[PDB]
Structure formats: structure tokens, C-alpha cells
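Figure: structure with melatonin.
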There are 2 protein chains.
Amino acid sequence: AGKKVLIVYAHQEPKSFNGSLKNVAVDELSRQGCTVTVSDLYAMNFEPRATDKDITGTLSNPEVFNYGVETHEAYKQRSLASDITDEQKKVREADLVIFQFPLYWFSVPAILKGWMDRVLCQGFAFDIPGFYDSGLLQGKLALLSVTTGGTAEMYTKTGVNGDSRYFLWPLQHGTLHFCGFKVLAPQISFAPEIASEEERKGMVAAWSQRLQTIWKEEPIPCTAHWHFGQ
Amino acid sequence: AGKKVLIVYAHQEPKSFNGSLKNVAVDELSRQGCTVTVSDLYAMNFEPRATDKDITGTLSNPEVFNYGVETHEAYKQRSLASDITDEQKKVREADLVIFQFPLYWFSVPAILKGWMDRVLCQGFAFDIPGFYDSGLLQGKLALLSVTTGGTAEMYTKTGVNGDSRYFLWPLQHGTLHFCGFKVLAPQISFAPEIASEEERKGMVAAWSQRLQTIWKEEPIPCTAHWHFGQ
Ligand SMILES: Cc1cc2nc3c(=O)[nH]c(=O)nc-3n(C[C@H](O)[C@H](O)[C@H](O)COP(=O)(O)OP(=O)(O)OC[C@H]3O[C@@H](n4cnc5c(N)ncnc54)[C@H](O)[C@@H]3O)c2cc1C
Ligand SMILES: Cc1cc2nc3c(=O)[nH]c(=O)nc-3n(C[C@H](O)[C@H](O)[C@H](O)COP(=O)(O)OP(=O)(O)OC[C@H]3O[C@@H](n4cnc5c(N)ncnc54)[C@H](O)[C@@H]3O)c2cc1C
Ligand SMILES: COc1ccc2[nH]cc(CCNC(C)=O)c2c1
Ligand SMILES: COc1ccc2[nH]cc(CCNC(C)=O)c2c1
Ligand SMILES: [Zn+2]
Ligand SMILES: [Zn+2]
């Protein structure tokens with residue numbers, strides 16, 4: 001038995017609604033007997049910028065810096081910065097990776113975009129021919145637990161923001177599926193700032209309730225059809 | 001001429017293809033007599049993280065930190081960190097804002113995502129109400145000049161990556177249109193790393209050539225249909 005879960009958390013305030021969702025996930029998964037690790041990006045002051053400091057020692061081409069090539073070579077030569085490799089070890093061992101974050105401009109907050117940019121490097125998360133279905137992190141599950149400022153109605157086909165699946169494409173398909181992750185249906189907690197205490201306590205309970213059978217869930221068919229089709 | 005242009009540039013290497021696209025933009029707009037400013041994010045070591053350090057005055061709610069609320073109030077009070085206000089001044093004066101960057105996970109590099117998260121704050125870029133066609137940056141034009149690793153064929157409805165327009169949604173609609181920007185058609189320079197010299201020079205000249213008549217262009221209809229069709 002036993003499963004390992006990594007929660008990559010991106011919120012500045014422990015008392016926030018995101019903080020409560022993160023804490024409920026830790027509590028429930030821990031109660032189930034799961035091995036749980038949390039990467040609290042803001043508390044770690046995680047570096048988001050992709051720079052040459054991500055490679056220790058000497059570059060393979062110090063004349064013209066190419067981040068993708070340098071990190072690919074550094075990964076193979078075990079020469080990546082320790083913050084990056086500390087994260088890859090957590091991801092390598094994880095059976096499920098949960099990303100907990102507030103939607104920032106239809107996407108992840110920059111600190112979490114930086115985690116994706118620097119941690120999921122070529123050789124570790126993908127390569128030729130390991131991508132999408134054959135991505136290097138195949139066999140692992142991933143799930144986006146997002147909170148929004150806009151209401152559910154706003155995120156409908158005819159709402160101003162359009163369908164939620166529209167902004168999910170770059171994250172779910174372009175990133176998670178690309179690295180070989182089987183993607184579980186997103187958990188979207190719509191406009192918690194607006195909601196009442198009851199509705200709030202209700203979205204948290206739904207999440208805690210869903211986590212009870214998380215290992216029984218089937219991955220979504222990560223296709224353009226799923227995100228855009230009828 | 002008679003126009004102000006801000007180029008927000010996100011690439012670590014001056015000698016890169018992105019660097020050349022940024023340089024030809026400066027050269028061509030400068031030749032036209034336009035006023036040009038470049039925010040070279042990596043050279044500026046631009047801070048991507050949205051933290052409480054972005055507000056220098058008394059917080060409105062020091063018990064529970066809410067970045068959106070605190071930055072909205074700090075904007076009105078003029079207590080935002082100076083790096084944010086320096087960027088807001090550049091955007092305020094610009095008639096056209098060009099974003100020059102390599103696609104990272106179907107989106108902008110984290111350093112540029114941080115610029116969007118921190119610079120486009122409530123009160124400055126939008127207000128509630130006061131977004132989309134009523135956004136605060138209405139009247140201004142925006143354009144994404146993106147480079148990719150994947151080829152144009154990969155970026156089609158039947159390609160592995162799906163149509164390129166799918167990944168532009170969060171950026172063009174969720175961010176730029178949301179703030180009131182008119183969005184000009186994206187400049188996408190496909191897979192310059194695997195292209196031949198003839199092809200690269202060609203992509204650079206195509207961009208330079210396009211800039212010659214940029215002021216005569218009409219914005220795209222930034223809608224779900226334009227992005228997803230059907
Ligand atoms: C830079 C930036 C860009 C943004 N862009 C977007 C965007 O693209 N689209 C969009 O829709 N939104 C956007 N937003 C809004 C953002 O997504 C929401 O503000 C965020 O998701 C709200 O989540 P939170 O955890 O911060 O809420 P909080 O304010 O922390 O919490 C909401 C309420 O829940 C209470 N609460 C906390 N825990 C519990 C609990 N266990 N039970 C009951 N109540 C609890 C809190 O105390 C509070 O009153 C953006 C915000 C910023 C700052
Ligand atoms: C973290 C990360 C995530 C990524 N995710 C994605 C993704 O989601 N999807 C995707 O498609 N790609 C992705 N990529 C790939 C990335 O988008 C490309 O590597 C990038 O767009 C290439 O641009 P460049 O400026 O770095 O090219 P360069 O490495 O500079 O290559 C272009 C070539 O052109 C030459 N050149 C420069 N200027 C000129 C000139 N004036 N005339 C002629 N030739 C010139 C250069 O010397 C070089 O050999 C990712 C890369 C990283 C590092
Ligand atoms: C090096 O870093 C990355 C990271 C994530 C990525 N997604 C897609 C690409 C490029 C794909 N290129 C080709 C020619 O197949 C990519 C590169
Ligand atoms: C969709 O774009 C954004 C961008 C920055 C934002 N800050 C706060 C909010 C939530 C307020 N209501 C809306 C319009 O969702 C927000 C939304
Ligand atoms: Zn997919
Ligand atoms: Zn739009």
C-alpha cells in the first residue's frame with residue numbers, strides 16, 4: 001500500500017482560503033496514511049527566474065546562454081542548483097502532485113510558474129521522445145486545486161471570462177500532460193472572497209470529501225476536445 | 001513617429017533570437033521617429049514574486065494579508081514599491097506595449113508573469129467594475145511577439161500542441177483585453193533553434209517589415225471564436 005503526495009502551494013497567507021485548502025489536504029491525506037510533503041513556495045522564497053545561476057560549475061557554452069540546453073546538460077551532469085534538485089526529488093518520489101493556488105491572470109502566480117519553469121527541465125520531466133503520453137513523469141497523477149476571484153457564471157461559455165477549461169489548457173495539457181502526468185479533474189473553488197461562511201465551509205468540505213476517494217478517480221482525457229469541444 | 005512604445009523583454013541572452021527580435025523592434029520604431037523604452041526584465045533582475053514587500057505603508061488588514069486588496073489600496077495611496085511604479089509609468093505613457101519572449105510552458109517566462117502580476121494592479125490596469133472593454137488601459141495597443149521550440153505544424157488543430165491560438169487566450173484575453181488593451185495580432189516566430197540561417201533571417205526581416213506599418217493595423221477581435229473557432 002502507501003502513496004506519496006507532494007502539494008506545491010502558492011499563497012502568501014496561512015489564514016487564507018488557499019491555506020485552508022492546503023491544510024485540509026494535508027490533514028485528510030495524512031489521516032489516510034499517505035506520505036505527504038508540502039513545498040510552500042512563498043515561505044521558501046522560491047526563486048522563479050530562469051537564470052544561469054541554476055547551473056553550478058561551468059556552462060556548456062558560456063559564450064551564448066541557452067537556458068533549455070544548459071539545464072538539460074546540467075541535469076544529466078547532476079550540476080543543477082540545489083533548490084531545483086530538492087524539488088525534483090520530491091516530484092520523483094511523488095505518486096500525486098497537487099498544485100494549490102489562487103488564479104493570477106488566468107494562470108498560476110509567477111512564483112509557481114517559476115517552479116514549473118525551473119523544476120520541470122528537459123531530461124527530468126520530458127525529452128525526445130518522452131512527452132505527452134510518454135512524458136518522463138508518466139505513472140504519476142497531477143491535479144490543479146484553484147481558487148478564483150470571478151464567479152462560476154463568469155467562467156461559462158457566454159460569460160465574460162469564457163469557459164474555465166479555456167485557461168486550463170496551458171496548465172493541464174501544455175504542462176502536466178506534456179510531462180506525462182495523468183491529470184485528475186481540477187478542483188475549482190469559485191470566488192471564495194464573495195461567498196458566505198457556510199458556502200466557504202462547504203467548498204472546503206467538498207475538497208476534503210473528494211480527497212477521501214482521490215485514489216479511485218479516473219484521469220480526465222486531456223485533449224483539445226475535453227478543453228474546447230462540446 | 002508621434003507614438004510611445006514600451007517593449008517588455010524577457011530573455012537572458014542578448015545574442016539570442018529573442019534579443020535580435022527586440023533589437024530590430026527598437027531599430028525600426030526608432031527609425032520611424034517613435035519614442036522607445038525597453039524593460040529588460042532579466043537585466044533588471046525584476047522581482048516576480050507578489051509579496052507584502054510590494055506595499056510600503058500600513059496594511060489595510062495586517063491580520064490577514066490579501067495581495068489584491070493591499071496592492072489596490074497601496075496604489076490609491078501611492079505606497080506601492082518603486083519598481084512597480086516605475087513600470088506603471090512606462091505603461092501609462094505608452095501607446096503600444098510589445099511583449100518579447102520565448103514561450104515557456106505555453107505561457108510567458110515566470111519573470112514576465114511576475115511583471116503582469118505585480119504591475120497590472122487594481123486601480124491602475126482595471127477596476128471592479130472597469131475591465132475588458134472598460135479596462136483602464138483602454139486606448140492602448142498591445143502585441144505579443146513570441147518564439148517557440150515547436151514548429152508551426154505542431155501548433156495546429158491536428159498537431160501535438162493544438163492551435164497556437166489556444167495558448168494565447170489567458171494572455172491576450174484574460175490579461176491584456178481584461179485591462180482594456182487595441183490586442184494586435186501576435187507575432188509568432190516558430191522554432192528558430194531548428195530553423196536554418198536563411199529561415200531565421202527571414203523571420204527577423206518579416207517582423208521588421210511588419211513594424212513598418214504597425215500603426216495602420218487593426219486589432220484582432222479578442223473573443224472566444226477568434227481563439228477557439230467553431
Ligand atoms: C495578481 C492577481 C491576479 C489575479 N487574476 C485573476 C484571474 O485571472 N481571474 C480570477 O478569477 N481571479 C483573479 N485574481 C483573484 C484571485 O484569484 C482571488 O483573489 C483568489 O483566488 C482568492 O483566494 P484566497 O485564498 O486569496 O482568498 P482569501 O481572501 O484568503 O479567502 C476568502 C475568504 O475565506 C475565508 N476563509 C479562509 N479559510 C476559510 C475556511 N477554512 N472556511 C471558511 N472561510 C475561510 C477568508 O478569511 C476570507 O474572508 C487575481 C488576483 C491577483 C492578486
Ligand atoms: C523552461 C522552458 C519552457 C519551455 N516551454 C515551451 C513550450 O511550452 N512550448 C514551446 O514550443 N517551446 C517551449 N520552450 C522552448 C522555447 O520557447 C524556445 O527555446 C525559444 O522560443 C527559442 O528562442 P531563443 O531566442 O531562446 O532562441 P536561440 O537559442 O537564440 O536560437 C535561435 C538561433 O538563431 C540565432 N540567431 C539569433 N539572432 C539571429 C539573427 N539576427 N539572425 C539569424 N539567426 C539569429 C541564434 O544564434 C540561435 O542559434 C521552453 C523552453 C524553456 C527553457
Ligand atoms: C527545453 O525546455 C522545454 C520545456 C518545455 C517544453 N515544451 C515544449 C518544448 C519545445 C519542443 N521542441 C521540439 C523541437 O520538439 C519545450 C522545451
Ligand atoms: C480576470 O482577470 C482578473 C485580473 C486581476 C484580478 N484581481 C482581482 C480579480 C477578481 C475580481 N473579479 C474578476 C474580474 O475576476 C481579478 C481578475
Ligand atoms: Zn492533454
Ligand atoms: Zn478578448
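Naming: A, B, ... by sequence-line order, numbering from 1 per chain. All values below were derived from every heavy atom in this structure, side-chain atoms included, with hydrogens, water molecules and symmetry-related copies excluded. When a ligand or atom number is given, it counts from 1 through the structure's own listing order. This entry, so its header tells us, was determined using X-ray crystallography, 1.8 Å.
Melatonin, all copies counted: located at ligands 3 and 4. In this PDB structure, the PDB entry names the chief binding partner of melatonin (ligand 4) as Ribosyldihydronicotinamide dehydrogenase [quinone]. With heavy atoms closer than 4.0 Å, the chains neighbouring melatonin (ligand 4) read A, B. At 4.0 Å, heavy atom to atom, the residues around melatonin (ligand 4) are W105(A), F106(A), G149(A), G150(A), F126(B), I128(B), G174(B), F178(B). Regarding atom 4 (C) of melatonin (ligand 4), its nearest protein heavy-atom neighbour is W105(A) CZ3, 3.2 Å. Among protein heavy atoms, the minimum distance from atom 12 (N) of melatonin (ligand 4) is reached at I128(B) CD1, 3.6 Å. In terms of protein heavy-atom proximity, atom 10 (C) of melatonin (ligand 4) is closest to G149(A) CA, 3.8 Å. Among the UniProt-annotated substrate-binding residues of chain B, those with a heavy atom closer than 4.0 Å to melatonin (ligand 4) are the following: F126(B), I128(B). Summary of contacts: the protein heavy atom closest to atom 15 (O) of melatonin (ligand 4) is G150(A) N, 3.4 Å.
Close approach of melatonin (ligand 4) to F106(A) (heavy-atom distance below 4.0 Å) involves ligand atoms 1 (C). Nearest non-hydrogen protein atom to atom 14 (C) of melatonin (ligand 4) is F178(B) CZ, 3.2 Å. If you check which protein heavy atom lies closest to atom 6 (C) of melatonin (ligand 4), you get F126(B) CZ, 3.3 Å. With respect to covalent bonding, the partner of melatonin (ligand 4) is none, since no such bond is modeled.
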